[PDB]
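Caption: paromomycin together with 16S rRNA, bound form.
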Amino acid sequence: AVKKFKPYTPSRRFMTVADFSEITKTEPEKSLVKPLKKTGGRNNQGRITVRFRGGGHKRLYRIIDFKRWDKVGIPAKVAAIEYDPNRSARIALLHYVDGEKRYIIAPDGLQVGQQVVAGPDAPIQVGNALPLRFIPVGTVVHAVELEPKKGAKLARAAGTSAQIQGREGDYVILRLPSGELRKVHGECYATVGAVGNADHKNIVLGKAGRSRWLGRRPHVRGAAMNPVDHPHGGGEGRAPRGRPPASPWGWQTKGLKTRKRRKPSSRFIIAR
Amino acid sequence: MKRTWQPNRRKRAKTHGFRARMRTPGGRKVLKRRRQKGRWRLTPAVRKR
RNA sequence: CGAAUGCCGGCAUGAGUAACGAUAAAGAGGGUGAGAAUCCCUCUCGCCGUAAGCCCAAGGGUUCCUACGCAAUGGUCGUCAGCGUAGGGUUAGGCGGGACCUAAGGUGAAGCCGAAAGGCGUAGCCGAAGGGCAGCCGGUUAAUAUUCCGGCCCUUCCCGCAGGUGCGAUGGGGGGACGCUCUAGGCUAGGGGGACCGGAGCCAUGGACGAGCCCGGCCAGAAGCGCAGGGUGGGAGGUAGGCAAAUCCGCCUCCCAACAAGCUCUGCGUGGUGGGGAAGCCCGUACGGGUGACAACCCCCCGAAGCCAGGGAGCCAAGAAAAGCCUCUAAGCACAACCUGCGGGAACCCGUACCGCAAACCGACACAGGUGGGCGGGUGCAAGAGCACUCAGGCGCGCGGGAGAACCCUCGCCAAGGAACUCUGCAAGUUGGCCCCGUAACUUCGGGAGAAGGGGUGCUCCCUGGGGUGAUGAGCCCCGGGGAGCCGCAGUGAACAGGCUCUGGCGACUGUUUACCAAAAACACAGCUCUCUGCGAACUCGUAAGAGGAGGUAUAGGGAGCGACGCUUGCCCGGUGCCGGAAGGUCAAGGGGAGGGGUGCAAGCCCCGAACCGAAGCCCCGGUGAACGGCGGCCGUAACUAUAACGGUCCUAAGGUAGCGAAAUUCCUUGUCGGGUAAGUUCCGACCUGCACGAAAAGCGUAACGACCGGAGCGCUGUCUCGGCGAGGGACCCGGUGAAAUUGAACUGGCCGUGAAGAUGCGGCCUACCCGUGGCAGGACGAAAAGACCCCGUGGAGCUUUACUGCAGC
RNA sequence: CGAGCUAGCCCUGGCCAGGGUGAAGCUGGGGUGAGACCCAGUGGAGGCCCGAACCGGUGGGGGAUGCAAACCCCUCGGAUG
RNA sequence: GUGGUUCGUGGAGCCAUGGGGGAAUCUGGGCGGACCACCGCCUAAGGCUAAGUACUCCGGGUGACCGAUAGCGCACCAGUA
RNA sequence: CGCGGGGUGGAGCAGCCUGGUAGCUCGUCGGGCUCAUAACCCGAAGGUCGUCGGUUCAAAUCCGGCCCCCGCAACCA
RNA sequence: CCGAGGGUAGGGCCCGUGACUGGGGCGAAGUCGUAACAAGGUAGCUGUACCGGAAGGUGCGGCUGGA
RNA sequence: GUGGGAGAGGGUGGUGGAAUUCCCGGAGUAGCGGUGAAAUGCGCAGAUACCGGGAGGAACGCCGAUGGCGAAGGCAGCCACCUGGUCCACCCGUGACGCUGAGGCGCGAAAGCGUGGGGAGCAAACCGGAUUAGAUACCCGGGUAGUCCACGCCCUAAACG
Ligand SMILES: NC[C@@H]1O[C@H](O[C@H]2[C@@H](O)[C@H](O[C@@H]3[C@@H](O)[C@H](N)C[C@H](N)[C@H]3O[C@H]3O[C@H](CO)[C@@H](O)[C@H](O)[C@H]3N)O[C@@H]2CO)[C@H](N)[C@@H](O)[C@@H]1O
Ligand SMILES: [Mg+2]
Ligand SMILES: [Mg+2]
Ligand SMILES: [Mg+2]
Ligand SMILES: [Mg+2]
Ligand SMILES: [Mg+2]
Ligand SMILES: [Mg+2]
Ligand SMILES: [Mg+2]
Ligand SMILES: [Mg+2]
Ligand SMILES: [Mg+2]
Ligand SMILES: [Mg+2]
Ligand SMILES: [Mg+2]
Ligand SMILES: [Mg+2]
Ligand SMILES: [Mg+2]
Ligand SMILES: [Mg+2]
Ligand SMILES: [Mg+2]
Ligand SMILES: [Mg+2]
Ligand SMILES: [Mg+2]
Ligand SMILES: [Mg+2]
Ligand SMILES: [Mg+2]
Ligand SMILES: [Mg+2]
Ligand SMILES: [Mg+2]
Ligand SMILES: [Mg+2]
Ligand SMILES: [Mg+2]
Ligand SMILES: [Mg+2]
Ligand SMILES: [Mg+2]
Ligand SMILES: [Mg+2]
Ligand SMILES: [Mg+2]
Ligand SMILES: [Mg+2]
Ligand SMILES: [Mg+2]
Ligand SMILES: [Mg+2]
Ligand SMILES: [Mg+2]
Ligand SMILES: [Mg+2]
Ligand SMILES: [Mg+2]
Ligand SMILES: [Mg+2]
Ligand SMILES: [Mg+2]
Ligand SMILES: [Mg+2]
Ligand SMILES: [Mg+2]
Ligand SMILES: [Mg+2]
Ligand SMILES: [Mg+2]
Ligand SMILES: [Mg+2]
Ligand SMILES: [Mg+2]
Ligand SMILES: [Mg+2]
Ligand SMILES: [Mg+2]
Ligand SMILES: [Mg+2]
Ligand SMILES: [Mg+2]
Ligand SMILES: [Mg+2]
Ligand SMILES: [Mg+2]
Ligand SMILES: [Mg+2]
Ligand SMILES: [Mg+2]
Ligand SMILES: [Mg+2]
Ligand SMILES: [Mg+2]
Ligand SMILES: [Mg+2]
Ligand SMILES: [Mg+2]
Ligand SMILES: [Mg+2]
Ligand SMILES: [Mg+2]
Ligand SMILES: [Mg+2]
Ligand SMILES: [Mg+2]
Ligand SMILES: [Mg+2]
Ligand SMILES: [Mg+2]
Ligand SMILES: [Mg+2]
Ligand SMILES: [Mg+2]
Ligand SMILES: [Mg+2]
Ligand SMILES: [Mg+2]
Ligand SMILES: [Mg+2]
Ligand SMILES: [Mg+2]
Ligand SMILES: [Mg+2]
Ligand SMILES: [Mg+2]
Ligand SMILES: [Mg+2]
Ligand SMILES: [Mg+2]
Ligand SMILES: [Mg+2]
Ligand SMILES: [Mg+2]
Ligand SMILES: [Mg+2]
Ligand SMILES: [Mg+2]
Ligand SMILES: [Mg+2]
Ligand SMILES: [Mg+2]
Ligand SMILES: [Mg+2]
Ligand SMILES: [Mg+2]
Ligand SMILES: [Mg+2]
Ligand SMILES: [Mg+2]
Ligand SMILES: [Mg+2]
Ligand SMILES: [Mg+2]
Ligand SMILES: [Mg+2]
Ligand SMILES: [Mg+2]
Ligand SMILES: [Mg+2]
Ligand SMILES: [Mg+2]
Ligand SMILES: [Mg+2]
Ligand SMILES: [Mg+2]
Ligand SMILES: [Mg+2]
Ligand SMILES: [Mg+2]
Ligand SMILES: [Mg+2]
Ligand SMILES: [Mg+2]
Ligand SMILES: [Mg+2]
Ligand SMILES: [Mg+2]
Ligand SMILES: [Mg+2]
Ligand SMILES: [Mg+2]
Ligand SMILES: [Mg+2]
Ligand SMILES: [Mg+2]
Ligand SMILES: [Mg+2]
Ligand SMILES: [Mg+2]
Ligand SMILES: [Mg+2]
Ligand SMILES: [Mg+2]
Ligand SMILES: [Mg+2]
Ligand SMILES: [Mg+2]
Ligand SMILES: [Mg+2]
Ligand SMILES: [Mg+2]
Ligand SMILES: [Mg+2]
Ligand SMILES: [Mg+2]
Ligand SMILES: [Mg+2]
Ligand SMILES: [Mg+2]
Ligand SMILES: [Mg+2]
Ligand SMILES: [Mg+2]
Ligand SMILES: [Mg+2]
Ligand SMILES: [Mg+2]
Ligand SMILES: [Mg+2]
Ligand SMILES: [Mg+2]
Ligand SMILES: [Mg+2]
Ligand SMILES: [Mg+2]
Ligand SMILES: [Mg+2]
């Protein structure tokens, strides 16, 4: 989708909005299973650690279910599909037959009315979740766990997905939304299908405000400020850095790798 | 234009208050000295009810 | 003590000088008094009137109210006071806060961290204009009243009776409970009209005894209705979820409703009743009282931004928590308890005066400055919190009286020309509101557009089309259309209310910034690319613990640069950077010990110490420019000259491409050619010899957008020729109050010399009675600041790197 | 020792008269094989325009021992973000 | 790897100690300035212990100390205005 | 005016700093192949080294004086 | 009332001129090269695309007006 | 109409083997690539050649034709669904309903453009290495758009028989 606009105001011409057709007549969220008071704040205890944040629409947290072995075997019916301000993926709310309700990040396909479930059993269909081993090599899938019982963590962004590649001992090779081939443990669930609402990468914010709404204040270039507060700074009419591009704190930012070398997680990785 | 003193009872006891100064090691010393110097008033005289 | 722009105090000097804090304005009669322009009273005049009038909150803390007073405080006076002396004055179960709740955030047992001090920290506690919660209308006082009193209406506890029901938690659920813009229907506040009701009065000055003028025609008030409107399905089976349990909640499945029908829950009327009650007139106030009065308390229309409220519709940025409240069960208890009526009894603590866009708050002041929320009437102008006049209500801004010079501030007007003024139409004018004509290039189809340019605009009578409230009508209230006519110099007649255009530069645009000399071409900005980051992420703060990141996960997050959009971003990896290279060279501790040394009489003990094995790091080998960067010279050559498509040679890592080019870049330069002009170092278009453009420190453009920056026209004009007149506030004269910087002392003249090189002061001559006042500013190398440019001092800081030397960090 | 000025963020409340302009979506018609789409009517979108409060601080004058240690007058920017 | 000592690595002992190795009970251990021999001194890795010594808020004494711009900031209702 | 770089056969460049020895590419001349010209092949010629001085036995080469040439600086006022 | 025309303002077409500019046509014996016609010595021709003093070259696909 | 027939006609989904390139391991050395000849480059840091294992994309050998289908452009592994055309026979139904087709609408190789994905091989441009008097060419080693997918534009052609 992606709503468009006629130019009746510069900016609201290039501006592009999402299409909330996929939003089952829902909107008002569900008390109980979410929301919780969401403590918004751009800095830690005192100081500001991440810069340029703050401001932007008030938000309510939708406490989603990111570990599904909670209900192994208990099937549930997908009730609605709603908007979640805390993420890029739309989320689906679903009523188990157990009578319990919980939200799930909504996969592309999954339609309201559908029945979905989790566990070793589970049929390989959009929405169902199973330990990685029991999933057919090659099938795509989202909401992966990295270590058994620790909760989902990979491919949860709007319309992202990972594809299974092979098996190898108690591990199974994956291919993350980034292109890295990772070795994940067999016992990590991963609900099948891709995340959906993949038009998300196409929304043209539009104006200055639009960014402000999502809570992101203006970002000033180092080049603008002085030597006192950033490498690229001073002296006359602009300047060409004058040294290898660096961050406010001073480490190179055009090429310098960061992953800490001797990490134990190294051996389970294979790509880029 | 607007100036720098905008009186506020709450802020004043809340900041230069007595329990305020007792709470920290530096403030407790603030008291010591003032006590040791004589000062009729150890801390500002906030008021009302 | 004679000096330190010395320290403290005292007193001069300028000086009776400048000022006396808004240009909203005062004049008079009459009291009080030792003394009145300044106090009290009355009459007259002017200002505010989305306040300069009322009501809260913050702050203030006795300033409120009386009596008695002026020494000082008041920019004069002062009998006055916000002043001095004294006494009086603030009354709450319902207003506000607390014996209720929770948010950020504090604090903080459990724990975790840190040399100590201390740091983090789920529970819990605290935490308030946020949730919850029971009072309205009048009366009185010199000062308080939603507080006292009067009328009417409630809230909890506790104790009784009357009974109902398994009662029952700090625990489970339900609810509480939410965005923004736009709105529906019915109401009330508020307002207008009245031929109707009720009223002291009044016929003036030429007309008027008139449906005449003036004044006023309500307020609150339970149940009960009535009119709006909000909430809500009712059963029964099954039940593995809602961290023990639930009959509740959720989830299925069968019935009945789908309707607000029915319960409730508010608002509004109506309401037993309680109360208020104008003008004018008589009084005595520093003000209030009495009468008016058995006052009337009537009908239409306008109408909410408020109320019904958890109303609806649309949208993307997706919109607190806990408690009260209902419900559900548990340990327990069921002679308890809990629920419903009725009674009696009980109901603490703090705030209440007064100021409050200001003389009582923040500005050293009775300071033209600042200060959150609510009310803010009427007429007219299209509307409006706008504008002008005015209600109510409050002010005449705490020095005055004269005079009518220059000059200053502010303001009005102009002959003829009109930008000739000038850095520049800067300033000043012009235009101006509404309605209807009518609108170009260009364009990103929106725009440009209020383009430009025009006409209409007052009253009178006549005809005629709509609505709205009333019944399909009268009235009252809104929009109209036509047609005759009248008066002015002039009809948004007064106040509020664009000058327009062409063209280029710069930036997309709305936005942001140097509080207090810079609002921009700077910053930000959607968007573009590179790069890091697989999640105990990267990265940042902290010693750590921990936190942000983020309850996020590659369509995600950190950094960097460019800066919408269109067309596009060329060659150099030689150097510096980062990225990749399980080979080599070098490499510290350490491992290894050939070998040598010191002592011992010896075993020993104690030192050195070559091979060799030893990481990252550098060296080495490659990648890489939307990484740091860079992207030539000297000749020769075409059948007129001229020029060079061609060639030659040297050095490069490679030898700037497209596109732009006398530029925001051009030194020589007012380059040269064209346009505008009477004339154009500016402007605009060209040329290319680009001193010294050129591609993400982006290149060339672009509709639109601008308190940006040039150039040009038309319009208008005091900008100017070149001034003149007028107004007011000062200036001046008088009474009152009365400063300041500066000051070696002064009896402080011209030329011409001289002098440390710019003489009132020395020399010579000339001139010149003594002292004031208004004015002008040449001088006293005039005041102001130990010159901010400069140099000096082995003075100080801020900033940079391949300066040195450390440290964090890795 | 200070964030009662000032900068930024957090929680929580409050405020912006009255005019313009007319987006999408609707509804009807036209069109087609069905469409795209074109007209009306409705609708009330916008870092939309005019403009008070309010928030500013453009240009000029005055003020400069001031009313004021940032003032006043005229004028001008924005004003549903 | 550092501190303490006059000791700044110096031939650098001793006294303390974060790091790593890691004993012995008298024929056992440390020291006498690398180390070794000899000759000597001491008996670590647990603790307490008056006295002489420091100081002057308070009381007293005494001044080739001040005498109200001095002497404490304060002779005086001052750590006040 | 000041700083440093440079004048070499016809053209463009080496040659010095460690003095004795002028080298390269092109071009020019003679000869070949071709019908002929170019290409290609075979041979050959050409340099007071900007000039006036001396330094040494000996100067392109070292050192001073001028003649042009090129590039860099001309700041604070 | 209309009304010849006169003044104001904005549009539409055509005509002429303008520094310089863009390609063109034509011009007996100027320069550079050699694209095409013989297998033109890389078969050509083509549409498009990038590039180059010039002819032109190369890519992608097409055609016989070649093998 | 009824009843059949051939076909790379179309769309969408799904899949299969061959070879290349890279990755990892085995084993194995002193050269491999390439040309007219060579040079760049590739390799003792373990190349080339061989074996096993894994990723990824594109194109479908034999059938295959001088063949078929399509209105054209064009369509070629296999399977499935949706889909258009086209011929045959039977001579049953309609009953002149027929042809062309200005404009319009639609399709429309390739390259090219937009946004998003994908990227093995190839390959404009471009860097080198030869060739030449000179080579911005033909030849060789590199190599970016592009080539491929989705959707949207582009409407050209020796679109030819
Ligand atoms: N009409 C000629 C057009 O332009 C070009 O032709 C132009 C040039 O190519 C041509 O130049 C030729 C040249 O080819 C040849 N190699 C050299 C010759 N001297 C030139 O000749 C030209 O110049 C001379 C005088 O100078 C004239 O007299 C002569 O006619 C003229 N053609 O002169 C023409 C214009 O005069 C195209 N080649 C041709 O296809 C086209 O038709
Ligand atoms: Mg909650
Ligand atoms: Mg912190
Ligand atoms: Mg803290
Ligand atoms: Mg995008
Ligand atoms: Mg920025
Ligand atoms: Mg700066
Ligand atoms: Mg800083
Ligand atoms: Mg820096
Ligand atoms: Mg510069
Ligand atoms: Mg810089
Ligand atoms: Mg002296
Ligand atoms: Mg006087
Ligand atoms: Mg004087
Ligand atoms: Mg005077
Ligand atoms: Mg005076
Ligand atoms: Mg006054
Ligand atoms: Mg007092
Ligand atoms: Mg008195
Ligand atoms: Mg006085
Ligand atoms: Mg008196
Ligand atoms: Mg008083
Ligand atoms: Mg008093
Ligand atoms: Mg409390
Ligand atoms: Mg809390
Ligand atoms: Mg704490
Ligand atoms: Mg806590
Ligand atoms: Mg609490
Ligand atoms: Mg409260
Ligand atoms: Mg209350
Ligand atoms: Mg009162
Ligand atoms: Mg409960
Ligand atoms: Mg609850
Ligand atoms: Mg009103
Ligand atoms: Mg009369
Ligand atoms: Mg009532
Ligand atoms: Mg349970
Ligand atoms: Mg009365
Ligand atoms: Mg609602
Ligand atoms: Mg609680
Ligand atoms: Mg019960
Ligand atoms: Mg109590
Ligand atoms: Mg009061
Ligand atoms: Mg107010
Ligand atoms: Mg005063
Ligand atoms: Mg006053
Ligand atoms: Mg004031
Ligand atoms: Mg205000
Ligand atoms: Mg109006
Ligand atoms: Mg007004
Ligand atoms: Mg005149
Ligand atoms: Mg005139
Ligand atoms: Mg002039
Ligand atoms: Mg002049
Ligand atoms: Mg100008
Ligand atoms: Mg002007
Ligand atoms: Mg412009
Ligand atoms: Mg701008
Ligand atoms: Mg400033
Ligand atoms: Mg500001
Ligand atoms: Mg964390
Ligand atoms: Mg978080
Ligand atoms: Mg990013
Ligand atoms: Mg930039
Ligand atoms: Mg920039
Ligand atoms: Mg580039
Ligand atoms: Mg490099
Ligand atoms: Mg490089
Ligand atoms: Mg390299
Ligand atoms: Mg490296
Ligand atoms: Mg190494
Ligand atoms: Mg030029
Ligand atoms: Mg000229
Ligand atoms: Mg001229
Ligand atoms: Mg330049
Ligand atoms: Mg530039
Ligand atoms: Mg650049
Ligand atoms: Mg730019
Ligand atoms: Mg702006
Ligand atoms: Mg501005
Ligand atoms: Mg302009
Ligand atoms: Mg002019
Ligand atoms: Mg004129
Ligand atoms: Mg004048
Ligand atoms: Mg006057
Ligand atoms: Mg003299
Ligand atoms: Mg003299
Ligand atoms: Mg004398
Ligand atoms: Mg003067
Ligand atoms: Mg002076
Ligand atoms: Mg000085
Ligand atoms: Mg020195
Ligand atoms: Mg400092
Ligand atoms: Mg519409
Ligand atoms: Mg609107
Ligand atoms: Mg706006
Ligand atoms: Mg505005
Ligand atoms: Mg030491
Ligand atoms: Mg020892
Ligand atoms: Mg010893
Ligand atoms: Mg010894
Ligand atoms: Mg002791
Ligand atoms: Mg004495
Ligand atoms: Mg004395
Ligand atoms: Mg004293
Ligand atoms: Mg200077
Ligand atoms: Mg021409
Ligand atoms: Mg020729
Ligand atoms: Mg040829
Ligand atoms: Mg050819
Ligand atoms: Mg081609
Ligand atoms: Mg074909
Ligand atoms: Mg038949
Ligand atoms: Mg046809
Ligand atoms: Mg096509
Ligand atoms: Mg294509
Ligand atoms: Mg290749
Ligand atoms: Mg040749
Ligand atoms: Mg090639």
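Throughout, protein chains are lettered first and strands after them, A, B, ... in sequence-line order, and every chain is numbered starting at 1. Displayed portion only: the contact tally does not extend beyond what is shown. So how was this one determined? The header says X-ray crystallography, 3.9 Å. When a ligand or atom number is given, it counts from 1 through the structure's own listing order. Basis for what follows: all heavy atoms, side chains included, without hydrogens, waters or symmetry-related copies.
- The ligands or chains that make up paromomycin in this structure: ligand 1.
- At a heavy-atom cut-off of 4.0 Å, the other chains in contact with paromomycin are listed as G.
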